[PDB]
Novice: 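In this model we see rolipram bound to 3',5'-cyclic-AMP phosphodiesterase 4D.
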Amino acid sequence: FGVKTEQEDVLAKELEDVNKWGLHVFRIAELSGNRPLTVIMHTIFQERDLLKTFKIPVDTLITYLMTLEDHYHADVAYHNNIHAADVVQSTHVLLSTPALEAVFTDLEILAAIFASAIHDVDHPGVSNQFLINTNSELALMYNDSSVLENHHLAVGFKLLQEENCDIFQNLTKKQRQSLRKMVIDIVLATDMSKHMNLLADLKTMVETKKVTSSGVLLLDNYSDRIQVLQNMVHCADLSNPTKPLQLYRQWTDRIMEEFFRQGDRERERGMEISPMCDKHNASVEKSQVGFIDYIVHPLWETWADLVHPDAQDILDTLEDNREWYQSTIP
Ligand SMILES: COc1ccc([C@@H]2CNC(=O)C2)cc1OC1CCCC1
Ligand SMILES: [Mg+2]
Ligand SMILES: [Zn+2]
């Protein structure tokens, strides 16, 4: 035909919000036939001219993206392809913040976006500790240390070896070694066990923050550049409470479903039920308020400082949503 179907047109129209915080990611998931990660990644790669810059064949990119997306679990309520697509898209927006204009190279941009896409791939919907406590083969392989995060990376990279999936086939060895290091550094930093140190270092950078004559941040060395990228993607991963409440609440429903399911498995097995995984002793609203007060607000406040005043609306929304959950505590 050569013209879009009406569903494809409606999808294209939704994708016009790809550069906006609060993209209707769940509608995109539905409209795309459960291919939000593929369609959002493809849109972002085109928008950023990544295919031309890195000589990525388009069929190779689509094959890889579908393969990656296929290895997110459809039965996992939160850590699935919709979450991945959300984190990609959120990272995409954070990358284009005025305070960061012309700071990152195309390869660093590629790293952050690719890292976002793969960062939860093959997540079983249970915690590292559950995998450790059950003596899972995964935990055995990874010595109980960032078990899932190591796995997400290993899977993300391994899938490049499937038929016509090597999207990095035209990168030089130098580009590939650099890209790989950055991707690993970013995804391993998504382990919540690393949050406090990641935030401490972000704070230290905001303390010593330097800005150019152009007004954007100055990042001289790899340590500062990767730290900002790690924190950016970590912010994207922890961005749900900063979204419009209609979106945020769907994420809360999902994380609670995933948590309660793990709790049910723990109970079944006679294991102690992990924090916030007990459907019979839950405080969904109190827990979101605590999540925000102790983890998300501290991070986003510091990010908002780093990129002042770019993230002011995101922070305002976070505080509005915090107050809404607070107001709903029974
Ligand atoms: C929308 O809420 C939440 C969204 C995301 C996360 C985790 C952050 N990183 C992950 O991999 C999942 C926790 C949430 O809420 C917590 C408080 C109550 C249950 C867990
Ligand atoms: Mg994760
Ligand atoms: Zn995630």
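Residue numbers count from 1 along this sequence. Indexing begins at 1, ligand by ligand and atom by atom, following the structure's order.
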Novice: Which ligand or chain identifiers match rolipram, all copies included?
Specialist: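 Counting every copy, ligand 1.
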Novice: Which residues form the binding site of rolipram (heavy atoms under 4.0 Å)?
Specialist: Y78, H79, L238, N240, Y248, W251, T252, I255, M256, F259, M276, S287, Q288, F291
Novice: Considering non-hydrogen atoms of the protein only, which is the closest contact for atom 15 (O) of rolipram, and what is the distance?
Specialist: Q288 NE2, 3.1 Å
Novice: For rolipram and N240, I'd like to know whether there is a polar contact (N/O to N/O, distance under 3.5 Å).
Specialist: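 There is no such contact.
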Novice: Give the residues of chain A annotated by UniProt as Mn(2+)-binding that have any non-hydrogen atom less than 4.0 Å from rolipram.
Specialist: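 Of the UniProt Mn(2+) binders, heavy-atom contact within 4.0 Å holds for none.
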Novice: Any atoms of rolipram less than 4.0 Å from a non-hydrogen atom of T252? List them with their elements.
Specialist: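 Near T252, the atoms of rolipram are 1 (C).
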Novice: Within rolipram, which atoms have a heavy atom of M256 less than 4.0 Å away?
Specialist: 18 (C), 19 (C)
Novice: Could you identify the single nearest non-hydrogen protein atom to atom 20 (C) of rolipram and state the distance to 0.1 Å?
Specialist: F259 CE2, 3.3 Å
Novice: In the complex you have, is atom 7 (C) of rolipram within reach of the protein, judged by whether a heavy-atom distance drops under 4.0 Å?
Specialist: no
Novice: Using a 4.0 Å cut-off to any heavy atom of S287, which atoms of rolipram qualify?
Specialist: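 The atoms of rolipram under 4.0 Å from a heavy atom of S287 are 17 (C), 18 (C).
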Novice: Number the atoms of rolipram from 1 as they appear, then name those within less than 4.0 Å of a heavy atom of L238, with their elements.
Specialist: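 Answer, ordered by atom number: 8 (C), 9 (N).
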Novice: Are any of the N or O atoms of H79 closer than 3.5 Å to those of rolipram?
Specialist: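 Checking rolipram against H79, an N or O pair does fall under 3.5 Å apart.
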Novice: I need the nearest protein heavy-atom contact for atom 13 (C) of rolipram: residue, atom name and distance, please.
Specialist: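 Nearest protein contact, heavy atoms only, for atom 13 (C) of rolipram is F291 CZ, 3.7 Å.
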Novice: Provide the UniProt domain of chain A home to most residues in contact with rolipram.
Specialist: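 That would be the UniProt domain PDEase.
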Novice: Which other ligands or ions, by number and name, fall under 4.0 Å from rolipram?
Specialist: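 Nearby: nothing.
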Novice: I'm comparing rolipram with the natural ligand. Which residues that UniProt lists as binding 3',5'-cyclic AMP in chain A have a heavy atom under 4.0 Å from the drug?
Specialist: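 Short answer: the UniProt residues with a heavy atom that close are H79, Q288, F291.
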Novice: List the closest UniProt active-site residue of chain A to rolipram along with its heavy-atom distance to the nearest 1 Å.
Specialist: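 Going by UniProt and heavy atoms, that would be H79, 3 Å.
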Novice: Give me the residue, atom name and distance of the protein heavy atom closest to atom 5 (C) of rolipram.
Specialist: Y78 OH, 3.5 Å
